[PDB]
Enquirer: 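Below is a structure containing SCH 48973. Please help me interpret it.
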Amino acid sequence: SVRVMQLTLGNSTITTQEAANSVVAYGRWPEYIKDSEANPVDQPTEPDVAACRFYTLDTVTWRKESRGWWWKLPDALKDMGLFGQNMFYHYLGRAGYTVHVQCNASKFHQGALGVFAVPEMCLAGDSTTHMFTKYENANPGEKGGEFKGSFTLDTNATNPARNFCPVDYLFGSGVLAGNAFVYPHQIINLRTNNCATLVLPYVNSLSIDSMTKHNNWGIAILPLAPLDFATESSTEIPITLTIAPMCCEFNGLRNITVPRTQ
Amino acid sequence: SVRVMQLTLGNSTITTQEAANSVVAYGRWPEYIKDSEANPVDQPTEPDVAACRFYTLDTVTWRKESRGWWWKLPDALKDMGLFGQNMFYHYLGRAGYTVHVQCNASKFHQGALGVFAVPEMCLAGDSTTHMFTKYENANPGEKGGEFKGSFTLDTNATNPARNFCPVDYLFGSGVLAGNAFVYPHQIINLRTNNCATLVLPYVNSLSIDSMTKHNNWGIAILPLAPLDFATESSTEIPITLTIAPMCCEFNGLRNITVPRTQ
Amino acid sequence: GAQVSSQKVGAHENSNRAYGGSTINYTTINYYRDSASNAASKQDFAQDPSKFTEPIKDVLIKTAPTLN
Amino acid sequence: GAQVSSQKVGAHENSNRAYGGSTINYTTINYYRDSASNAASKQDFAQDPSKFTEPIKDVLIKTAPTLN
Amino acid sequence: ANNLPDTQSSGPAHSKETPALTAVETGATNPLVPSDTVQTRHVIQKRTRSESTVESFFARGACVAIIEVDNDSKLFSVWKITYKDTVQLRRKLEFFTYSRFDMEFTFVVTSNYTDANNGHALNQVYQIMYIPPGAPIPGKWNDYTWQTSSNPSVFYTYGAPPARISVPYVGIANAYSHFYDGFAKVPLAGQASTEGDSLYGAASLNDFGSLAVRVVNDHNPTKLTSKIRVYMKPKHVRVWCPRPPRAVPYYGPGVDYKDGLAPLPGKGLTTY
Amino acid sequence: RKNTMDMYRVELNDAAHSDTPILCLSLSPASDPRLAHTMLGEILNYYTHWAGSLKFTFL
Amino acid sequence: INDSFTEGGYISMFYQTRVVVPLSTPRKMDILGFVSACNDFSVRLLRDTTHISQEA
Ligand SMILES: COc1ccc(OCc2ccc(COc3c(Cl)cccc3Cl)cc2)c(Cl)c1
C-alpha cells in the first residue's frame, strides 16, 4: 500500500509501516553520465555497493522549542565509509541520493515536520560583509546546522564568526518559508506518517563537479506545527536521518584531499 | 621487440626500452571469480581504475654488500591509495598483480638480480620457539625486509624480537636458493636488461580470503652476481619496485580495520 | 559394473597369451559407494611443462634470437 | 541380480577413469532373502519442510503482508 | 605417464639459426634436444614416465605416527592428527604448495610383555576412535565418550591383518595448504598485546581433530605395552605449485631451521 | 536470568535515544552460549562443519 | 567450534529513533529473538556432541 515499503541498497535495508508514498524530485531518478553529456575524458570509478548504501547520520531531538535543522549534500556524507574516501581521492564526483527521514511518536502526540530538498541551498550569513561565511562553517558535515527564530548580526570585528544566520520564516535565505513547497518535499505529520522519503537525481549546471567545493542539495527540516503531547510541556522525540548515495562516479584521481577544519 | 614495452593501467603508464620479455606466472592471467567458483554471496565491489593502477613503493639501494630484499602481497600495498582503503573496509579481498622491478646502470657495471614471485612465501624466524614471529614483524608494508648472510638466534628471553631471520642461500626458509628458479621469475643482468616484469594471477586454495590475515605472494630479490663497477669499491644503484593490483574484488563490507603496529 | 583394462606387458612368456587375449587384460569392480574407498586406477595423464619451463608472455622459437 | 549405481566422485585422480566409465560406478548384489539383512543403499530423498516451517491454513507470500 | 619422443637423425649445420645461444633473463628454460647441438641418429624411444606421475610418486604407505598405550592414565592415548610428526612423507608433500586427495590409513599393531618371566593376558582388542574437532575427548579409558554413537571407530583384534580405512577429501578449503603465509587473527589497534596474537603460519587450532586409542579388555596387573603405527597413503592425487625441497633439517611444524644449516660438502672447482 | 524463562526476554524502554547496543552476539552458531542450545545449535553440535545463510527474526 | 580462522562476525541491535508510548501505557516491554537456517545451509562430518554426558 502507500504506507508499507522496503528499500534495499547494497547491504542495507529500510522498512516502514507508515509511509505517505515517496517523492522522486522533479520526476527524475538518479542516473550515470551519458557519453553525449560526458566531459572529463578519463575512466570513472563507480564504487557501486561500497558507496551506494544507507548511511545513518546523527539523530537530532525535536522539542516544543525547536526551530529547524539543515544539512548539505555531499557534505553530510563526507566521512561516511568508502563514499567519503572516493569523494576525497577524486577531483570530480557525482551522485544522487535516497533521503529517508525517520520520526515516530504515538497517537496522542501532534506536530508536523516539513522536509524539503533544495538545489543550490544558499544560506544567509551573520555579518555586514557579503558572502563572508567561511568554508569550515558552511560545511558542518553530518551534524549539519539549525534554523533560528531571528536575525542576529555578528559585531565582533576582532574575531568575526563568519557563520550563517538562517532565520526560519525567511527560509534562511530571504524568501518566505511558506513558498518552500515549490521544492521537492514531504510532510511528517505525526497523526499520519513515520517518515519522509525523497529520491534526488543529480542536479547542477554541469554533468560533474567538485564535491568538496560545491554542495548540490540542501535538506531543510522545519516544524510546521510544533511538537505537543498529552500535557507534558516536556516532550522530546528523536529525528533520525538516513541517506544513501546513488550512481556514484568519480573522475580525476590523485592524492587525497584533507580539508582544513573548525 | 622483446625489449621495448609499454604497460598502461588506469592513469599510470610504464615504458621500458630494455626488457627481457615478461613472465605470466604459471601461464595464468589474473581474472575475477566465476559464478561456478564463487563463495561469499554478497555483491562484490570492484574499484577497477581506482585500485588497479601502478603504485611505486620505496626505492632500495643495491651495494656490493647487499644480501637481498623481500616483500609480501597484498601487505606492501596496504597503504596504497584506494586499494588500501578497500582492503581494510572489507572482510574478504582478492587481487592479481603486475610487478615491475626497475634497475638501470651502465655498460661498465656488472651484476645480476634474481626476481622471484613465491606463492605462500613462509619465512624462518629467529627463536627456538616455533612460528613465533609476530604479526607486526611479518607484515612490514611497503618497506619490506632483507635477507641475511647467516642465521642468528634471538636469545633475549625477557624481550624476544619475534622476527624473521631469512638466510639468503637457504632462501629464508630452509631450501637451497638455487632451486628457487622453480618459481615464476626473471633475472636483471645489468649487461642485458633494465627490469623484470611479472604478471601474477591470484593463487590460493580458496577463491577469496582475508587480505589482512593472509599474504598470497612474496617477492624475493637476491643478488645472484654482486654489483661491481669500473674500480669504484663504492657503487650504489637504486632498485625501484612498482606494483599494480589487478581484478580487485572485495566482499563483506563493514567498519574499517585498523591493525596494531610496530 | 566391471571395468576391463589392458596391462602393459613387460616380460613376455613363451606363449601367445603373453601377446594377446584376455590374458593381457585385468578386471576391476568397485564394491563401495564412496569414491574414497576406490583404489587408484593409475591410468594417469601427463601435460605440457610450459607453464613452468616457459612462462613467457611473448612466445619465442629456440632457433630464433631470444633477445630481439 | 546385480545393482549398478554411480558414485559421486569427490577427489579426482589425473585419469579419465576418474571422470567416466565403470570406474565411477559401484556394484551391489543382495545375498539374503530377508530385507533386514540388506545394507543401506544411501540413495535417500529429501522433502519440503513446509509441514514444519509453514503449517499455516491460508498460504501467505513473503513479499505480501503476513497479517492481512 | 607416457611415452617420450623419438630421436630423429640430425646432420651437420651451417646456418643463422642458433638454438645453442639464449638469454635466461627472460625466466624461460631453453628447450633443446641433442639434435640441436650434435649429429644424431634415429632412435625409437621406448622409455616412459609411468612411475614418475604425481600418483605413483605418492602411492606408498608412509609412517606418520607411533601411538603407544600401556595396558599397565596410559590405559588410553590421544594423537593429534598430522603429517609433520615424521619427516619422509612430509618432505615429499612439500614439493608442492597445495594438494587434494583421498587417504588410506593402515594400522600395524604390535604388543609385548614387559617382563620376560611375569604376567599373562588374553588376546587384546583395540578401539581407535576418531574425535572430530568439537567432539568430547575421553578423560578415562572407559568413560561415556567411547560409546561412539557418531564418531567413527575401528575395533582391531590383535593378530589380525592390519586394519585399514579410507577417508575422503576433508578440507574446508578447495585444497590442502602445505604452506600458509598468514595468521588466524589480526591484532587490532588499541588491544592489549596479549590480544589478537596467534602463531605464524597456523590456521585452525584444531585442523583435523585427533585419534583416541585404548585396549578394550579389562587391564590385568601384568605389564604390557602396545604400539599402533599409523601408515597413510594419498590416493587420487592432484597437486599445485612446485617448490624446492627441504635442504636443511626440520625444526618444528614451520619452515624454521636451526641446526644442519651447512648441507653441502666441499669439492674442488676443477676436480671431477 | 540464565536458566529461567527470563533468559529469552530482552527488555526495551521508552528512554531518549542512545547509541549503545541493546544486545551483542558472535556468529558462532554451534559454540556461542546463546546460539549453541537452540534447535539449530543442537543439530550443529553433531557435525564438524557448517555453511550457509542464517536469519534472525525479532518479535 | 570457536576458532578464529573460521570466525563469523558480529550481530548487534541499536535504537534507530526510540521507543515511544503515550500515557497509561507500559514504558518497558520485551522482544523475543528467533534463529533458523536458510535454504542454502548444510553441515558435514558427523561427530559426537558435548551436550550429553554419562557419569559411571
Ligand atoms: C596435506 O596432507 C594431509 C592432510 C590431511 C591429513 O589428515 C586429515 C585427516 C582428517 C580426518 C582423519 C580421520 O580419519 C580416520 C577416521 Cl574418519 C576413522 C578412523 C581412523 C582415522 Cl585415521 C584423518 C586425517 C593428513 Cl594426515 C595429511
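All chains are named by letter (A, B, ...) in the order of the sequence lines, taking the proteins before the strands, and each is independently numbered beginning at 1. Remember, it's 1-based here, ligands and their atoms both numbered in the order they're listed. The entry is not shown in full; contacts are counted within the portion that is.
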Enquirer: Tell me where in the structure to find SCH 48973, all copies included.
Expert: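 Look at ligand 1.
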Enquirer: Which chain makes more heavy-atom contacts with SCH 48973 than any other chain, name per UniProt?
Expert: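 Chief contact partner: Capsid protein VP1.
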Enquirer: Give the letters of all other chains that come under 4.0 Å from SCH 48973 at a heavy atom.
Expert: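 Heavy atoms from other chains: E.
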Enquirer: How is the binding site of SCH 48973 composed, by chain and residue number, at heavy atoms under 4.0 Å?
Expert: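 Heavy-atom contacts: E:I81, E:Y83, E:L93, E:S99, E:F101, E:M103, E:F105, E:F107, E:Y130, E:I165, E:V167, E:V170, E:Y176, E:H178, E:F208, E:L211.
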